[PDB]
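This file shows 23S rRNA complexed with lefamulin.
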Amino acid sequence: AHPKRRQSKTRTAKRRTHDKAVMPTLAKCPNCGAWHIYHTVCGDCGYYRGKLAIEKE
Amino acid sequence: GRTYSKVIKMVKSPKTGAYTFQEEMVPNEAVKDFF
Amino acid sequence: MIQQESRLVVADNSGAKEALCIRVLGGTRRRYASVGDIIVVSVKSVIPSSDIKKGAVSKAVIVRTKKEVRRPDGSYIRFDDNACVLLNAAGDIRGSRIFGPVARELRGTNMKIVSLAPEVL
Amino acid sequence: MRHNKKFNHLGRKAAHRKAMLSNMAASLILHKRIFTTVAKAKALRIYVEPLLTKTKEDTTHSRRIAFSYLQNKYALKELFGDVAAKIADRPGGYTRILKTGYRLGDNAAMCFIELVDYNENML
Amino acid sequence: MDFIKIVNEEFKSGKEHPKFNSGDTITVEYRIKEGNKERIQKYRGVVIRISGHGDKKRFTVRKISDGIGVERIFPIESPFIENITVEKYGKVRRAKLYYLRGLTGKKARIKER
Amino acid sequence: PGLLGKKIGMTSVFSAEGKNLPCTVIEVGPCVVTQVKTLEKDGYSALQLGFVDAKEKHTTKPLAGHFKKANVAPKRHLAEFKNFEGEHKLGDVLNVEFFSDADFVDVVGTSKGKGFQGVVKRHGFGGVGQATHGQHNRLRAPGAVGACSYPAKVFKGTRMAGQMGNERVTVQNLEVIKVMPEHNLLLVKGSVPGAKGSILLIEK
RNA sequence: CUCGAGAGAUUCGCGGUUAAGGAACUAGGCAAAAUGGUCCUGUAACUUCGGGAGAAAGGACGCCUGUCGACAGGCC
RNA sequence: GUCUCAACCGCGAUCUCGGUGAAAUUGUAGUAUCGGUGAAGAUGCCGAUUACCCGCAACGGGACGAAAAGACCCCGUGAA
RNA sequence: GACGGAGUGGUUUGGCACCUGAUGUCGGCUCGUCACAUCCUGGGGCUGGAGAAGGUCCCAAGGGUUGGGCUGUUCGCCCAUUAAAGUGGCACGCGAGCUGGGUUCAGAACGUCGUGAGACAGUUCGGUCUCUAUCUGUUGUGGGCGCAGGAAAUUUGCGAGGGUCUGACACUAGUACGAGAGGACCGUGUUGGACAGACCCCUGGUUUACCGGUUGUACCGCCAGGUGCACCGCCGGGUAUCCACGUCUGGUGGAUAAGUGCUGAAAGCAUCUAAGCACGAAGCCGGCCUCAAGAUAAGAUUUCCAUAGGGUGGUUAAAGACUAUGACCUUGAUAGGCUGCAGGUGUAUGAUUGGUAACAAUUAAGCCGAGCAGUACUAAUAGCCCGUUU
Ligand SMILES: C=C[C@]1(C)C[C@@H](OC(=O)CS[C@@H]2CC[C@@H](N)C[C@H]2O)[C@]2(C)[C@H](C)CC[C@]3(CCC(=O)[C@H]32)[C@@H](C)[C@@H]1O
Ligand SMILES: [K+]
Ligand SMILES: [K+]
Ligand SMILES: [K+]
Ligand SMILES: [Mg+2]
Ligand SMILES: [Mg+2]
Ligand SMILES: [Mg+2]
Ligand SMILES: [Mg+2]
Ligand SMILES: [Mg+2]
Ligand SMILES: [Mg+2]
Ligand SMILES: [Mg+2]
Ligand SMILES: [Mg+2]
Ligand SMILES: [Mg+2]
Ligand SMILES: [Mg+2]
Ligand SMILES: [Mg+2]
Ligand SMILES: [Mg+2]
Ligand SMILES: [Mg+2]
Ligand SMILES: [Mg+2]
Ligand SMILES: [Mg+2]
Ligand SMILES: [Mg+2]
Ligand SMILES: [Mg+2]
Ligand SMILES: [Mg+2]
Ligand SMILES: [Mg+2]
Ligand SMILES: [Mg+2]
Ligand SMILES: [Mg+2]
Ligand SMILES: [Mg+2]
Ligand SMILES: [Mg+2]
Ligand SMILES: [Mg+2]
Ligand SMILES: [Mg+2]
Ligand SMILES: [Mg+2]
Ligand SMILES: [Mg+2]
Ligand SMILES: [Mg+2]
Ligand SMILES: [Mg+2]
Ligand SMILES: [Mg+2]
Ligand SMILES: [Mg+2]
Ligand SMILES: [Mg+2]
Ligand code: NA
Ligand code: NA
Ligand SMILES: [Zn+2]
């Protein structure tokens, strides 16, 4: 129920070994040339898989 | 009754050399096969 | 599916009318008794002026159950109630008539029940 | 365990879940495309495609069966009017889901679902 | 291919019987054995349930004998069934008649069709 | 010795003696000998068999060179069996008639996966107390896990919650009901581990 | 009703159903189940003559037709 | 369904991800096991034994675990 | 087996007062683990052992070893069984696991003692059981690196764990033995109970997917037809999945213990032992099942590369907490849809015809289809990263 001792700096840092921000899965858009997430519609151009999907004004 | 019979023969043993004892219980009409 | 504290109808003319199972014979933790099984009962109620008395301890054999019984030919049988027949110390029955149907399982246990029952299954 | 239990409860009670699917379907028939989350849009697909299939048998019984789901007379008017004619030859697969990104407030996966016969750029 | 359907065909047992639904009154001619003597024992009652798939259905038939209710479950494809004859064509509003277990005479009667 | 099979499903059949028997349908399909293992090279004698036809798109180049050597069509599943009698060589074909002289068989499979399960379902624990009579929140609890200051520890092998199922299981002495060489079908009395479509080893 | 989204392990909170048995549970029938309305019958010991008493135990109950809330016939 | 003897179902909690973010406790710790030894019941001593480095879920045997300068008992030329 | 004597142990009652700014206490529940001084099952010696049934001692801890009535009870008595209903240790095992009936707070009462305040070798009714698990421990499941180049598979097993129970009948045989009552060893067989594992064809349960009846009320402008809410409103059914009450399967040579002997001296005889040798237990080791090369002693085999092979991603699953694992990713049936079918429910909307009406018969039943088969309509883009590929 209660910690018998405070953890040292080493023990705390060893546990935090597995605390990593997950990197996005990025791809370049063949139309725009911009980065977009793989398997999503490019927010800049609106295209997806070579076809127009969201005609943006 | 008359559903089995006892058969014994003695074979020399490589571990020692003297005769051991081999025993079973086979049906009455099977001892001629064993011996 | 009869166990300790179950109440059964008494299905012969032995005088008793309702019985309470005390024990299922034949095993340390044998839980249930089916048709053809032997149990030990206490007589809970009787007809006025009968031979056996209320509160007597007796052996009995089950002849009907509400839980369905399986047969090797793929058929099942169940009854509307659970019933038994009282037996004497020598293994025979203490009555003359059987009232109601009995199961075919007893053809392998007791021929006296089967011979003098109105119907089998 | 959930072996072979093929529908998403969507974190709602049964009466709530049925009401949301019916409100969402009306929105898709009236507006040819709507923006929602991915888990909600995949559950709508199993719900709205059989309803769009009922417009291939134009009768009083089909309209009333459809109305018992939507309970919205403007959606029924649109579903058995212009929507019925556009999908008269397509053998299923009337809708399409395309992923878009993530929401600011809870990082929910987003997408859009639409009727295929109303998107000209993708034909 | 389909292998359950091949096996069911190879191991087909029994004979054709006339069609009946729940709520019908039928007689079952069942073959029993007692001391190497084979005889047919009739069992007549109302069908209260049919369940299963295809040629493998099971039906439950209930009768009242000497004031005690009796229920029997029969496999339709069993080789022990000699004949099924339909006595009456009943009239019910549902598939399973479990409610007949709680009705006595003059209240368990079923209208004819 | 034995072959590889695929679980199809269960049904019930009537025998000639007039008994209702539950049977399991297994497709003990054609198995090719893909590698012969010998004493002088491998340390033991066994046969490696291949069961399910595989597309080239699903076969890696190391496995492609493995089947091409044996000169057989690539397979999806591979297993070893020992103690045959007949000295089959590379590329031979075996089928259901192998069991046409078999009275009983053993079936090895992988059981259905239950996931993480508590002590009540995994080990049949009785539970703590009744549902009433002062029960607070230990209805499906394990109870005590050990003694006091001596031991002063939990022993190895203590029964606890954890993953249940999805593991290799053997069922022995299954009675063979019929062999159907036409469809590569085998019929056995009883049940076998695993879901429909799972891969089984049948030992003669 | 000033946090949401997924997912649908164990376990807990609040709820639902359950074969056969029916208090064998437990310190203890704790908790739950069961009873439950209106009208018409019928109500024991005992009693301070007021009670006990809603004792206990039973029956009818929907819709339609007509007739003088009731009666009869019919329907599900 | 109190039990034999449990099984299944629904939501809330639970688990994973995004946002915000405490507390009790804390001499320092790279904190394994067994028997012995010992202020007389050992993670830390002796002799052996076992053990690649680092997490997550789940349960409570030990840390004479936490909390509160034992109310029992005795003592004070104490108190009410 | 008297009168007496020598030891062993530390589970009783004591003796001592050595540890303790708190080392939770009786009984029960749950979960066990160890011993053997063995209750049953296995193997023996002796008998005041004819047989049957016993008595006593020796070896043996593999497995097993019931449910109730009374009592807070432990313990006991009783009822009915069973092959048997073992004895103990583990803080009289186990309250950061449960309970709180008993003991031991504050209320009240009886007997009894005291002038009284009050008190008890007593009794009786009532009376809050706290904590979000850091270390270690234990059950599961991953990430990194290693394994003397990198990979895809198949494996040997150094070892570890699991499993280990048992009844009743038939024949031999109403025989051996025994005036008689009674009544065998050895050996074949046939059927049970308990426990465990897997599974869902059967029986039975669930089945807030689904279908139907019905009450009250409000909406879709009205009627008709539907829907919301009332515990899933209530009631009757119910597929797949998950299950037990169901079904199937399982408990399979060597060296020994207590003992029995052969040959045989020391010690002319005797002697199972001193040299040798043949036996001999549910026990030991193998045999059965599962894990298992971080077995740093890191093993073996087949093949590929030096585009081999992967990761991230997507459609998903009988796989799953997250992971991991399986299938598929367009020269594709992975999922949904569509088209059919097994199946559930039980005869829809409307329209005729009957009836005065409530209602009913015809006509396709209608709805659903978590399962199955077919079919690219929808979604699965080889983009990016390590070392030609979905
Ligand atoms: C309060 C101490 C307790 C909780 C219990 C204690 O019980 C007693 O004190 C019985 S007297 C009782 C006390 C309460 C009074 N209001 C009335 C009076 O009747 C007990 C059983 C021992 C006898 C002493 C040691 C112990 C630790 C180990 C243990 O088993 C404990 C102490 C250290 C423990 O913390
Ligand atoms: K220890
Ligand atoms: K079902
Ligand atoms: K498809
Ligand atoms: Mg972390
Ligand atoms: Mg699973
Ligand atoms: Mg329980
Ligand atoms: Mg409580
Ligand atoms: Mg609770
Ligand atoms: Mg019940
Ligand atoms: Mg019932
Ligand atoms: Mg009791
Ligand atoms: Mg009790
Ligand atoms: Mg109450
Ligand atoms: Mg929830
Ligand atoms: Mg968070
Ligand atoms: Mg010590
Ligand atoms: Mg130590
Ligand atoms: Mg403390
Ligand atoms: Mg102090
Ligand atoms: Mg001691
Ligand atoms: Mg302290
Ligand atoms: Mg001994
Ligand atoms: Mg204790
Ligand atoms: Mg406590
Ligand atoms: Mg404790
Ligand atoms: Mg007082
Ligand atoms: Mg009170
Ligand atoms: Mg508590
Ligand atoms: Mg099924
Ligand atoms: Mg069923
Ligand atoms: Mg409203
Ligand atoms: Mg509701
Ligand atoms: Mg309201
Ligand atoms: Mg001599
Ligand atoms: Mg592609
Ligand atoms: Na006085
Ligand atoms: Na389907
Ligand atoms: Zn772009």
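Here is how names work: the chains are called A, B, and so on, in the same order as the sequence lines, proteins then strands, and each is numbered from 1. Both backbone and side-chain heavy atoms feed into the values below; hydrogens, waters and symmetry mates do not. All ligand and atom numbering here is 1-based and tracks the order in the structure. Only a slice of the deposited entry appears, and the contacts counted are all within that slice.
Counting all copies, lefamulin can be found at ligand 1.
Other chains having non-hydrogen atoms less than 4.0 Å from lefamulin: H, I.
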